[PDB]
Amino acid sequence: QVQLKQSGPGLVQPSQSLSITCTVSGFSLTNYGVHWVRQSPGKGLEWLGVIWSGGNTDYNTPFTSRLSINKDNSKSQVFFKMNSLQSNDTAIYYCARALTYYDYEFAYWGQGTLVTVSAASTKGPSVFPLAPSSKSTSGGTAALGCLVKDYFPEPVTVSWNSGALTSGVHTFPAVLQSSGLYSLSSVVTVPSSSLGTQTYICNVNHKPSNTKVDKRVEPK
Amino acid sequence: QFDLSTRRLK
Amino acid sequence: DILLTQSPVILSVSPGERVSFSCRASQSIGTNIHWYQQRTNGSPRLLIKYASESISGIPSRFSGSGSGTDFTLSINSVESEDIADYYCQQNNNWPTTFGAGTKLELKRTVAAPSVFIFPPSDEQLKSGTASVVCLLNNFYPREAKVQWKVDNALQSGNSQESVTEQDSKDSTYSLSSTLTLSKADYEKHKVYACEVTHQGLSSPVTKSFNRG
């Protein structure tokens, strides 16, 4: 199985630099080049550069002066580094691999690293229960959730019961509050008759602040 | 425009 | 750089219809175009290579055609799992460039929202802030009105809305409205009401609680 696994998301101060590691498996770096693509609100999908099997690099013209790509063949690691970042460099960064060693049709992508460029500070969220009750029950179905409040930057991962509960889950897009901190809720509907037997836990992981919270949500 | 939270066009 | 122009920007279709995405190039690129799918919270998925060549693991309903400057990605029978953005890429000229994308939305029957309301947690109240959350679950189409009332005072400007992307399984949307008060203001009042309007409801739905 071909895979590409990138390091986690995080905040980078303006003018400072960006560093992402792409670890590959299911193929050797000595046989394929590894490309870097990013996706911004400004310019959508932009191709940034590539490090080839033998170490050579190409960089898209607007980035040649602030972009460097290196690798460790033995460790199956590719390193992306970009200098002098500004705010419109806030993007999802991807590593990718083409179908053949020389081509550009990207059949394999990393999961993407969301880099935020901003002068602010990293803040972990508080997690509050959205408790099931009569006011959230309808025809045997109860809704419940977690309020993931006041963190920065995006993103946060939310799961339920350590991945075993996925059906009927809705994790809403984060909104930016006037405080400059994000907030979101994640809800799920369950049979109301399971509330006395099953435990419901939202697993919250805000990787940029290394904050991991498991919030047990109970009928009040 | 592309949205970083959802990775979708908005 | 080649400029790739995808049209239109949004496509809305019903399940089982055929659908076509267009990618126009600012100069001839032969057949050097690849197509990608991006689902909600996903990475791009490669669909077609070199205008029309198929990819292992991609459903047969996807196909592409075209040459020169004018290209087409086709889905012969849309499913709700096809809800995504679609991008084209040219690589006849360095550097490889991407189109700005087309959004594929799905139609379906009107579905009224289920409405639930959540008071603030005693946990949050300790911190000095009060969030009241109103949830509108699994409805179509996306348009809805949420109106907050506190002891019959209409609230304005102190709530925020979030809407999920379209559900890839049943084509509905869900919406949260969160009303945020200070603990003091919240304790100064009794009746918290979320009133909901939507095409699928014949009269507005109010869900509400008394603090306590």
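In what follows, every chain begins at residue 1, and chains take the letters A, B, ... in the order their sequences are listed.
- Within 4.5 Å of chains A and C, most heavy-atom pairs belong to the chain that the PDB entry identifies as Cyclic meditope.
- Among the options natalizumab, rituximab, durvalumab, daclizumab, cetuximab, the match for chains A and C is cetuximab.
- Residue C:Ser43 touches chain B through both its backbone and its side chain, counting heavy-atom pairs closer than 4.5 Å.
- Of all the listed residues (C:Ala84, C:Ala100, C:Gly101), the one sharing the greatest number of non-hydrogen pairs under 4.5 Å with chain B is C:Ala84.
- From the chains of cetuximab (chains A and C), the highest tally of heavy-atom pairs under 4.5 Å with chain B goes to chain C.
- Among the candidates C:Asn41, C:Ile10, C:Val9, the residue making the largest number of heavy-atom pairs closer than 4.5 Å to chain B is C:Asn41.
- The contact between C:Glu165 and chain B is made entirely by side chain atoms (from C-beta outward), counting heavy-atom distances below 4.5 Å.
- Neither the backbone nor the side chain of C:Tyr86 comes within contact range of chain B, judged by heavy atoms closer than 4.5 Å.
- In this structure, the binding site of cetuximab (chains A and C) at 4.5 Å (heavy atoms) is formed by B:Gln1, B:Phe2, B:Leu4, B:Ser5, B:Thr6, B:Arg7, B:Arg8, B:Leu9.
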